[PDB]
Asker: 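I'd like to ask some things about the structure below.
Throughout, protein chains are lettered first and strands after them, A, B, ... in sequence-line order, and every chain is numbered starting at 1. The displayed model is a subset of the deposited entry, and contacts were enumerated within the subset. Excluded from the calculations below are hydrogen atoms, water molecules and symmetry mates; all remaining heavy atoms, backbone and side chain alike, are included. Method reported for this entry: electron microscopy, 3.1 Å.
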Amino acid sequence: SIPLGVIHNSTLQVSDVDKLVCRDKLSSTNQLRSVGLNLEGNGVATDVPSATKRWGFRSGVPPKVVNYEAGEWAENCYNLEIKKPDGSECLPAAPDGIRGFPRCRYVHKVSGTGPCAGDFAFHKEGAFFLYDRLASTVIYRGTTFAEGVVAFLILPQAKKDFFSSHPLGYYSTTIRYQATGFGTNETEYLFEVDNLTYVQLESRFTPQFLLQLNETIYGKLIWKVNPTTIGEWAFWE
Amino acid sequence: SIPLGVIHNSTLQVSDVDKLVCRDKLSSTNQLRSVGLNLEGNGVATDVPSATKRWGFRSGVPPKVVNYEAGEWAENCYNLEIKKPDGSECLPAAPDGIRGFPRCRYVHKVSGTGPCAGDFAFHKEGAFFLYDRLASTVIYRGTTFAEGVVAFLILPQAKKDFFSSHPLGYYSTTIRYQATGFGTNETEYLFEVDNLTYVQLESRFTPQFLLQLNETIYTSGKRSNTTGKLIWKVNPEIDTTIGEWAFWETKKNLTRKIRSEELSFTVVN
Amino acid sequence: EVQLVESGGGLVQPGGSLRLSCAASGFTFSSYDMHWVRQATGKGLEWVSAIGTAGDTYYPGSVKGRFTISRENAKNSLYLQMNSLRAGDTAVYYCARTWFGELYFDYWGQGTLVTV
Amino acid sequence: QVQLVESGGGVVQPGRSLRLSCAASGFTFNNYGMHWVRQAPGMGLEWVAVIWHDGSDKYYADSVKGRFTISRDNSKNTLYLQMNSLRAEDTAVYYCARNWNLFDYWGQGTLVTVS
Amino acid sequence: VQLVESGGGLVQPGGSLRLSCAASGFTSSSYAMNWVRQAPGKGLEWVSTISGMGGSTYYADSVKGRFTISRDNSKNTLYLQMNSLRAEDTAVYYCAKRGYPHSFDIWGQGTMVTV
Amino acid sequence: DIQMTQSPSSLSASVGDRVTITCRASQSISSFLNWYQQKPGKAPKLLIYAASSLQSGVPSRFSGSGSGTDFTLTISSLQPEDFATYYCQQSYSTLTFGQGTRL
Amino acid sequence: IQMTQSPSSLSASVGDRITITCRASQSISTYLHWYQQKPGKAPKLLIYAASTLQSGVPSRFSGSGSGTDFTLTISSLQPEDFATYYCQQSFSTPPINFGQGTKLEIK
Amino acid sequence: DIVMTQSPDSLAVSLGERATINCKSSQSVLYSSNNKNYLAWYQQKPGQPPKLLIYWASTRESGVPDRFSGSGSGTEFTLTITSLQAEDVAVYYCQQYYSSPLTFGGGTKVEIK
Amino acid sequence: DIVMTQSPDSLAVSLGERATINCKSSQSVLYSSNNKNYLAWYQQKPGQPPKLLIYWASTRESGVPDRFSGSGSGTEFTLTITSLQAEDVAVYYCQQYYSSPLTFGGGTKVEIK
Amino acid sequence: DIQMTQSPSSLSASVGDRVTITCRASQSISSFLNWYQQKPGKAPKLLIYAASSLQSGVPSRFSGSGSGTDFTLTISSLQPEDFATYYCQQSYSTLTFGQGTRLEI
Amino acid sequence: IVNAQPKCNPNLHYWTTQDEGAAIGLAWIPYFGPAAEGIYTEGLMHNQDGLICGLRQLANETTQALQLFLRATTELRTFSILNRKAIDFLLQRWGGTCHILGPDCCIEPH
Ligand SMILES: *[C@@H]1O[C@H](CO)[C@@H](O[C@@H]2O[C@H](CO)[C@@H](O[C@@H]3O[C@H](CO[C@H]4O[C@H](CO[C@H]5O[C@H](CO)[C@@H](O)[C@H](O)[C@@H]5O)[C@@H](O)[C@H](O)[C@@H]4O)[C@@H](O)[C@H](O[C@H]4O[C@H](CO)[C@@H](O)[C@H](O)[C@@H]4O)[C@@H]3O)[C@H](O)[C@H]2NC(C)=O)[C@H](O)[C@H]1NC(C)=O
Ligand SMILES: *[C@@H]1O[C@H](CO)[C@@H](O)[C@H](O)[C@H]1NC(C)=O
Ligand SMILES: *[C@@H]1O[C@H](CO)[C@@H](O)[C@H](O)[C@H]1NC(C)=O
Ligand SMILES: *[C@@H]1O[C@H](CO)[C@@H](O)[C@H](O)[C@H]1NC(C)=O
Ligand SMILES: *[C@@H]1O[C@H](CO)[C@@H](O)[C@H](O)[C@H]1NC(C)=O
Ligand SMILES: *[C@@H]1O[C@H](CO)[C@@H](O)[C@H](O)[C@H]1NC(C)=O
């Protein structure tokens with residue numbers, strides 16, 4: 001009983017299966033579409049310190065994957081390379097089908113060590129990790145993902161204005177972090193500006209500020225950096 | 001053209017493909033259901049010595065699996081740990097999706113060595129091995145399974161009448177067996193009471209009997225000794241047969257209880 | 001209780017054949033899986049053959065075709081037929097009984113030495 | 001109403017084989033191990049031999065470890081004690097018993113005199 | 001314990017005929033009943049079978065598109081609706097019940113169909 | 001498909017004799033052959049469940065023999081009621097019958 | 001492995017209150033069996049597990065014991081009761097041994 | 001195939017104090033399903049057939065005294081004699097029964113001091 | 001990475017007597033699809049380039065005399081010289097072409113007596 | 001089926017004293033309990049959400065402790081207005097409310 | 001009936017995956033949700049012997065077709081049988097050229 005949304009006259013009304021309304025027509029299977037909308041759009045914080053809090057490790061629940069035909073550009077995407085302090089793998093290796101999320105403006109590549117209680121990493125908020133048209137409940141090692149929720153749509157009457165044309169240039173920047181105690185409250189992040197130079201993370205920091213941090217600086221060095229409110233607006237604003 | 005059963009007024013009429021009977025109404029895919037019914041409910045012998053005979057090893061046929069949305073509690077489920085007599089793998093490891101049968105009253109865990117002719121083990125009766133909503137034609141190592149058949153049903157009117165409520169505790173006990181010559185006629189099983197005590201197994205012995213035997217061995221069987229592992233032949237020395245009735249049969253009531261004294265023990269050697 | 005006796009050891013010309021016999025007593029021979037284990041003088045124990053309850057035979061690579069193991073249940077005897085023996089085969093050959101349904105060798109026969 | 005009927009007996013000089021049979025009626029012979037118990041004329045009963053329910057496993061008393069062999073045929077509901085070797089002290093009444101653990105049912109004895 | 005066959009007679013080439021096999025002493029619904037045709041002097045060939053509940057209908061190669069077979073489980077009766085009868089179909093027809101290797105075990109008395 | 005052949009088309013023997021009737025399959029059938037005895041003018045009667053098993057109530061003199069590809073049926077004593085013709089059915093695919101054998 | 005009936009012989013009145021005790025070398029967990037044999041008669045079992053009585057035994061034939069010590073008690077004696085009794089262990093069944101039992105007789 | 005390696009080739013130790021033999025397997029012999037380590041320990045006295053001491057890595061044989069204690073998990077295992085005695089002098093072996101070729105590690109000889 | 005180990009480092013055997021060189025590979029080099037072992041045997045006489053005796057574990061090169069026979073399957077293989085003439089004194093090498101690195105085992109030197 | 005049980009079915013306390021109310025779960029629910037106070041004759045009002053957090057505008061006196069199975073609600077000072085029925089709602093599965101506890105003087 | 005089959009179990013105790021509608025708590029979330037063992041639900045259909053027994057017969061009968069279908073298909077894991085049955089049902093009743101008042105087409109006036 002997955003909610004299905006019918007788009008008629010550029011207004012979205014979720015389909016009432018009970019009422020059997022006859023306004024909607026499903027001329028073709030193409031009209032049915034599954035769109036994966038990124039969680040960042042809803043307004044949640046997207047920086048690594050805040051985002052990590054949402055991710056949690058649990059065992060005994062099998063991972064599940066669902067495909068979404070279309071998706072949204074993600075301002076922030078995360079790539080995880082977390083190893084247990086031994087080096088034992090913490091995140092399952094990516095399955096063959098799974099691939100990194102495309103169209104990521106910033107890829108937050110987090111590499112480090114953390115306690116990994118569960119077999120798999122799950123989203124506490126209940127959202128899906130999005131991978132290249134495959135939405136998975138779990139995090140896969142080394143594969144870029146964007147937190148998101150899948151929605152199922154009946155596109156309007158084969159007009160194809162929606163999602164086949166834009167009714168109304170891809171560059172990906174890899175922000176890199178080193179982390180210890182990943183997956184627990186006692187997690188520390190130092191941003192890797194360079195091979196020998198690192199800056200300790202704060203929640204307020206945004207990708208733009210981190211990018212300028214490389215310019216600002218000019219036996220690995222950890223720099224505490226202090227620049228009101230920064231980036232109170234969302235990325236779109 | 002698999003037969004698709006239609007439930008009408010709590011009566012099972014198998015559908016007729018050509019007829020396209022007007023009466024039956026399929027409102028939604030929820031009404032469609034696949035049911036996995038266990039063989040134990042069919043009156044087949046369910047003890048591990050007889051049950052193993054129905055299983056068989058063949059090679060050259062690929063394994064296939066099916067999903068059954070709903071299933072039946074099975075009194076007896078089997079988990080196999082078979083290895084070849086040299087230690088080579090006999091049963092394929094479980095694929096990721098496959099998991100043990102959800103609800104089993106008695107899990108018969110058979111670990112032992114047997115000739116393993118085929119690549120895979122198949123059911124000689126044509127039935128499927130049921131694993132946690134997946135029905136397979138092949139036995140998978142170390143995963144609890146209950147042999148059963150899958151039936152496809154069109155449920156009635158989706159009015160919560162069927163498989164939504166009980167019109168009207170899960171405690172699973174593992175009976176651990178050891179076997180040599182598994183998968184052949186010349187197969188011998190030893191019920192493992194504990195690390196140091198084993199009991200020769202015969203088809204007559206039912207799971208309730210085996211648990212009672214385990215208690216009797218513990219209380220007064222002098223199981224612990226320096227001689228070595230003890231293999232005991234056991235016979236209930238009571239005039240009536242042991243466990244003739246099935247688990248549902250007569251609600252297993254007014255059944256003679258074999259007090260510990262009745263059982264007779266001798267050491268095989 | 002359980003008694004395993006080895007027989008048939010001796011001197012064999014390289015490339016020749018020898019037949020080793022293991023008698024068994026004190027247990028039901030048919031049920032248990034019987035193994036032959038080779039111990040070279042300086043190289044430690046090595047598993048050389050396995051016979052199942054049904055007569056299925058398993059060998060390591062070294063003796064994959066050279067050695068054929070056979071059990072005749074009626075007389076409680078185990079037979080290892082060694083063919084095309086080479087210098088490496090010289091060792092003390094034990095007939096061992098694995099515990100019921102498991103692969104550890106609970107009982108070992110008094111070894112017999114074959115020299116090539 | 002189970003009836004165990006002993007048979008054989010008679011007078012034999014030492015050293016000639018004697019075969020004893022205990023008939024079984026009113027119970028399932030298959031699932032009961034059986035016992036042979038010999039009761040001396042006045043000295044008292046001493047256990048002689050026992051057989052497993054299927055007939056596969058048979059134990060004997062220390063005095064009679066090899067001299068006496070016991071057997072049963074499930075089809076005929078009869079058991080046979082083979083008195084291979086006879087000594088004068090063997091003279092006594094012989095009783096069959098219906099259960100391995102507990103000698104619940106004893107047949108009326110059969111008199112065996114070595115003489 | 002008894003299977004009764006009826007409907008046999010004279011039918012001109014082409015046309016249709018219904019063979020009724022009824023079960024006495026058996027609940028036909030439970031058992032998968034089968035039709036076997038014996039040509040006069042030319043042996044036996046299996047023509048069709050049904051599952052117990054009627055879900056599965058199975059036909060021989062010769063009559064794959066010609067014969068329609070159905071079961072009324074309520075009356076313990078089997079109907080074989082022969083259609084488009086050919087010359088070779090002039091043979092006695094037997095109805096039988098499945099067995100261990102899909103083996104006809106209880107055979108009802110054959111009826112004769114002539115074209 | 002597989003073709004069923006009974007080697008003796010017809011043979012005559014007296015009462016009290018040992019006779020073997022053999023049904024041969026072109027391709028091996030895994031002990032799925034069942035024998036039928038048809039009294040002349042009467043509906044066939046099942047004899048052997050599958051290659052060896054003897055149907056309940058059929059005289060024990062009838063003995064079922066089975067193998068991978070070649071099957072045989074032996075009549076122990078050739079009583080007059082057993083002088084009737086016999087058939088062999090395969091159950092591997094399509095349930096064909098061999099050509100009947102006449103005594 | 002060795003079972004002994006402590007009272008070697010007993011004598012009592014026709015209606016007397018009498019008991020017998022059986023001595024065990026080891027500890028037997030309610031696995032003693034009591035057999036009564038009349039003179040010139042086949043022995044007959046009385047108590048299955050040293051507590052549980054047989055169907056045909058008179059009620060007065062009630063005994064109890066546990067572990068090493070077992071006892072058989074006759075609440076009221078009777079004329080037929082004047083017969084020997086026996087006790088058997090069940091732990092070491094292969095070498096079952098019967099020991100001479102008390103010869104009940106008039107007192 | 002698992003190859004079994006016993007680290008102390010010879011372990012000379014005086015009577016009465018603990019002696020430990022270390023056994024290393026190429027890949028772990030701990031089966032996930034039962035969580036039981038598929039390793040056994042054999043003692044071969046000079047001129048006698050080897051006799052099983054410890055099976056399932058830790059479970060002890062009936063005859064074996066409690067002095068012989070075995071432990072370990074996963075890839076590496078050890079056998080510990082809590083108090084060595086003169087009679088214990090022998091060659092101790094490893095076996096892994098978790099794989100297709102049954103393999104015995106090279107022997108470890110213990111000698112009194 | 002399959003690593004070949006040849007069991008006898010040296011093999012002194014008298015003239016005319018059978019000689020056997022054992023070859024153990026870390027991993028099985030039998031290929032399931034064709035069921036033929038991907039191993040070759042090389043003879044390097046002192047002062048000369050190695051010569052290809054046996055390929056496909058058993059198949060013998062045309063020039064090689066019948067004396068050299070290769071046998072074995074799976075992980076371990078052996079090369080048997082039925083009659084060892086003096087001119088066969090050399091160092092014998094294995095090769096595995098099942099996998100990428102194409103390793104060779106340590107040589108085995110056979111010396112006449 | 002999750003079974004809410006409120007241990008102090010009737011609690012009587014005076015003004016200006018600490019009071020603890022405990023709600024127990026049949027099996028562990030991960031910090032998903034919610035506390036509602038219902039003044040007699042008026043709508044229930046949310047006090048504690050997620051078993052620890054305090055809803056905005058609630059007096060700081062109310063506080064709660066959370067665990068898998070056992071939860072407690074602590075009213076630091078019982079001013080007379082805070083005398084009413086208190087309910088524990090478990091949000092882990094099927095949203096069952098507790099029997100409820102009426103605090104009085 | 002099911003006496004063709006040796007013994008029919010009068011009681012059916014069925015375990016099934018939970019209904020989508022019943023669960024409202026924050027246990028849908030995989031992280032906070034029940035483990036694999038706990039997802040199942042219980043039911044008993046003991047009251048009606050006839051339907052469940054017939055059902056056991058139907059399953060015994062359908063296994064042959066199911067096995068042949070599996071043999072033909074190349075699916076390692078087959079989860080489309082129910083959907084294929086649904087599309088067969090719709091394709092059959094409403095395949096096309098369905099007479100307004102005919103056996104072929106279910107449609108009925110008024
Ligand atoms: C669906 O339900 C059907 C109906 O219950 C199941 O059918 C069962 O099949 C199994 C195996 O496929 C059979 O077990 C066999 O028993 C044989 C012993 O003889 C049996 O035959 C009787 C069956 O009676 C019916 O058929 C006979 C034969 O025509 C008729 O005469 C009779 O009137 C009935 O029509 C039983 O009544 C009897 O008590 C016996 O049980 C064995 O010989 C057989 O094979 C064994 O030996 C083979 C050769 O060595 C070997 O290959 C086998 O592996 C095995 O060792 C097998 O054990 C059931 O008897 C049969 N029941 C019925 C009622 O026919 C079907 O299995 C089931 N399918 C699914 C998927 O659930
Ligand atoms: C982190 O969480 C743990 C577990 O609840 C807790 O014991 C610890 O005090 C917390 N530490 C911080 C800094 O939040
Ligand atoms: C710096 O690190 C990058 C990888 O992050 C590496 O490619 C590069 O060679 C390094 N350069 C120096 C000078 O260390
Ligand atoms: C078991 O099957 C084999 C296969 O031929 C046979 O040789 C053997 O005699 C059978 N055993 C018994 C007890 O029938
Ligand atoms: C029955 O076996 C179980 C383990 O399977 C054991 O824990 C228990 O102690 C046994 N019974 C008794 C009465 O001891
Ligand atoms: C059996 O062995 C296991 C593993 O050592 C142990 O945990 C358990 O307590 C043992 N049980 C008995 C009865 O010896």
Asker: Just wondering what drug sits at chains C and H.
Answerer: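 It is the drug REGN3471.
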Asker: Which of REGN3470, GA101, HDIT101, MEDI2452, ABBV-323 would you find at chains D and G?
Answerer: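 Out of the options, REGN3470.
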Asker: Looking at chains E, F and J, what drug do we find there?
Answerer: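 The name is REGN3479.
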Asker: Which bound partner of REGN3471 (chains C and H) is the main one by contact count, according to UniProt?
Answerer: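 The chain with the most contacts is GP1.
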Asker: Are any other chains within heavy-atom reach of REGN3471 (chains C and H) at under 4.5 Å, and if so which?
Answerer: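 Within the heavy-atom cut-off of 4.5 Å: B, I.
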Asker: What residues make up the epitope of REGN3471 (chains C and H) on chain B if a heavy-atom separation under 4.5 Å defines contact?
Answerer: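 Heavy-atom contacts give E81(B), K83(B), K84(B), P85(B), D86(B), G87(B), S88(B), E89(B), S111(B), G112(B), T113(B), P115(B), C116(B), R141(B), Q178(B), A179(B), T180(B), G181(B), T184(B), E186(B), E188(B), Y189(B), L190(B), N195(B), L196(B), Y198(B), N225(B), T226(B), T227(B), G228(B), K229(B), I231(B), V268(B), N269(B).
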Asker: In this structure, which residues of REGN3471 (chains C and H) touch chain B with heavy atoms less than 4.5 Å apart?
Answerer: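 By heavy-atom distance, the contacting residues are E1(C), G26(C), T28(C), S31(C), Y32(C), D33(C), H35(C), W47(C), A50(C), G52(C), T53(C), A54(C), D56(C), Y58(C), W99(C), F100(C), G101(C), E102(C), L103(C), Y104(C), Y107(C), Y31(H), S33(H), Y55(H), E61(H), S62(H), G63(H), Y98(H), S99(H), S100(H), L102(H).
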Asker: Quick one: what name did the entry give chain I?
Answerer: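 The PDB entry names it REGN3471 light chain.
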